[PDB]
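Sodium-dependent dopamine transporter in complex with dexmethylphenidate.
In what follows, residues are counted from 1 in the order of the sequence shown. Counting starts at 1 for both ligands and their atoms, following the listed order. Because only heavy atoms are used, hydrogens play no part in the values below, and waters and symmetry mates are left out as well, while side chains stay in.
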Amino acid sequence: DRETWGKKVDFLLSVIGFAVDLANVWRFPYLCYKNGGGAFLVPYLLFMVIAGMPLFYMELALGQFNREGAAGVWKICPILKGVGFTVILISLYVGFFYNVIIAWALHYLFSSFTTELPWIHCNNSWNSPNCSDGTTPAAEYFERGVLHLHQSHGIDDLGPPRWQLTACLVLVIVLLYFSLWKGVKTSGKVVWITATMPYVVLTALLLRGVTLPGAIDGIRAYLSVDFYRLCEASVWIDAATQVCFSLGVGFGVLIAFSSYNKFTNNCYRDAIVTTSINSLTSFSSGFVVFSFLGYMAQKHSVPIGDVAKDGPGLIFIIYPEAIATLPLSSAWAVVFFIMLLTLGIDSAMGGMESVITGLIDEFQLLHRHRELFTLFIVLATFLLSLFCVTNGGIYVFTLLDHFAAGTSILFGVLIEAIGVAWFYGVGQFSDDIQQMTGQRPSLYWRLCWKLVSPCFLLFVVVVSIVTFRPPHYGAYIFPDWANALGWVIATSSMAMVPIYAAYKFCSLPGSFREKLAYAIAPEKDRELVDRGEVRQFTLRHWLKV
Ligand SMILES: COC(=O)[C@H](c1ccccc1)[C@H]1CCCCN1
Ligand SMILES: *[C@@H]1O[C@H](CO)[C@@H](O)[C@H](O)[C@H]1NC(C)=O
Ligand SMILES: *[C@@H]1O[C@H](CO)[C@@H](O)[C@H](O)[C@H]1NC(C)=O
Ligand SMILES: [Cl-]
Ligand code: NA
Ligand code: NA
């Protein structure tokens with residue numbers, strides 16, 4: 001009685017909605033433009049084929065077979081149960097700050113319901129004497145009339161929270177609570193709108209932007225192969241990092257979503273379809289951004305390089321600046337901000353569902369008490385998200401975005417891959433998959449699970465640690481204690497594995513050998529362990545593909 005999905009289309013839509021987030025539609029086209037373009041697809045496709053698909057398949061299959069949450073699937077290796085807490089903490093940390101972009105989108109949407117947009121000129125009370133008519137009026141409106149950033153001196157001078165953004169945060173929190181309090185029976189029908197509206201808005205945006213003058217010259221700059229940029233060891237690193245960070249792995253959301261699936265459904269086809277859709281969405285959406293950027297560059301007589309920005313300064317400054325020059329600008333602004341709002345609401349409920357399912361599956365007291373636990377979680381998230389709505393909240397946002405999910409997601413994914421493929425065994429995993437579906441994975445999948453994925457993940461982790469630069473916002477330089485706090489957050493997320501491993505080893509009874517045997521063997525093999533035969537205590541178990 002684990003409350004399976006109402007329909008199968010509810011699962012696919014939920015996964016697609018979680019995967020497609022705000023960063024999906026701007027990061028990949030910019031990365032393609034920077035690293036050649038067209039030729040950048042070769043490292044991306046190679047790394048994707050050899051790393052991303054096997055990890056997606058492994059997560060889906062593990063979640064579906066074990067019928068539990070992120071921390072409950074570790075009855076196959078009891079000593080490695082800390083990685084579930086690690087991924088839950090990562091999701092909580094990301095959600096602590098991902099709910100402020102949606103508040104900004106709500107603020108802009110409410111402000112766009114007028115016959116004269118407030119960011120078209122600088123004659124208001126929030127504009128400095130020097131102006132473009134000197135920073136542009138759009139940027140001045142964004143970071144001087146909305147954020148009120150000019151009243152802060154850094155992360156050590158924050159100030160009281162702003163009520164105009166606190167109201168939007170409250171609205172977002174109320175929507176999040178009422179979209180998740182009854183489980184997946186109601187959460188699977190919400191995604192019928194939020195996972196399909198972005199495509200409807202993007203089609204109209206592309207149709208409008210294609211006809212703009214100079215949009216073709218912005219598209220040619222997007223798809224122009226080089227093939228001589230593959231000789232530099234910066235394109236491959238960027239491709240590997242993008243492959244690692246573009247999938248939904250490392251959060252525990254996929255395991256939680258799969259735990260509600262039927263036992264005998266086919267997860268291979270589902271993984272293939274979801275991955276194909278997620279990868280095609282970014283490539284397709286790259287056609288609108290660069291058409292608009294080419295239109296703007298032709299308007300200002302400047303190269304596209306100086307126009308193509310990144311981060312929150314693109315969708316809140318650059319995009320609502322070309323719209324104001326279009327006929328019927330208010331309607332276009334309204335639909336654009338509706339799309340922005342609906343594109344990151346299903347990536348914030350997926351993370352919350354991951355946390356809630358993972359914590360409920362462990363303690364049985366929080367069973368049938370689903371509304372109260374959800375209320376407590378959303379209240380805690382709202383309380384801890386009040387730091388980013390102050391005068392200097394953009395600094396806290398930048399710090400959290402830099403340190404919350406990075407070098408820890410890769411660590412958790414590598415640990416879980418090692419646990420699944422080495423401690424448990426690829427043979428047992430293949431037998432379980434053959435038990436669920438009707439067919440056994442081939443040699444390619446087992447080889448990728450055992451050898452290629454761990455080495456790739458370890459190389460990515462090492463290159464992420466070695467090449468590290470502190471965050472910044474404009475000309476501001478963060479102090480030392482901010483970097484110390486970021487490192488403390490990252491290490492606190494990552495340090496769940498050793499502490500739980502030590503506690504588990506110390507709690508078990510007996511001598512060293514019995515403790516080890518009960519700690520590394522699956523809970524389903526308890527009879528064999530009691531009899532005295534352990535699979536892991538042999539040479540042939542670790543050298544088997
Ligand atoms: C920094 O924001 C994020 O990484 C997104 C997220 C948002 C809210 C809760 C958890 C994760 C994920 C969505 C899936 C694809 C990878 N990005
Ligand atoms: C601002 O408004 C005043 C009066 O409405 C006008 O004289 C002035 O030219 C305007 N300046 C700009 C930059 O809009
Ligand atoms: C623009 O005005 C702001 C506020 O008065 C000031 O801090 C800044 O130095 C000025 N910059 C220029 C280039 O005039
Ligand atoms: Cl992407
Ligand atoms: Na999303
Ligand atoms: Na993505």
Dexmethylphenidate: ligands or chains
ligand 1
Which residues of chain A does UniProt mark as chloride-binding that also come under 4.0 Å from dexmethylphenidate by heavy-atom distance?
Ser246
UniProt transmembrane segments of chain A with a heavy atom under 4.0 Å from dexmethylphenidate:
1, 3, 6, 8
Help me out: UniProt Na(+)-binding residues in chain A, which have a heavy atom under 4.0 Å from dexmethylphenidate? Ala19, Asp21, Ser246, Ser347
- Query: For dexmethylphenidate, which residues in other chains have any heavy atom nearer than 4.0 Å?
  - Reply: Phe18, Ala19, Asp21, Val94, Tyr98, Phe245, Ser246, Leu247, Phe251, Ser347
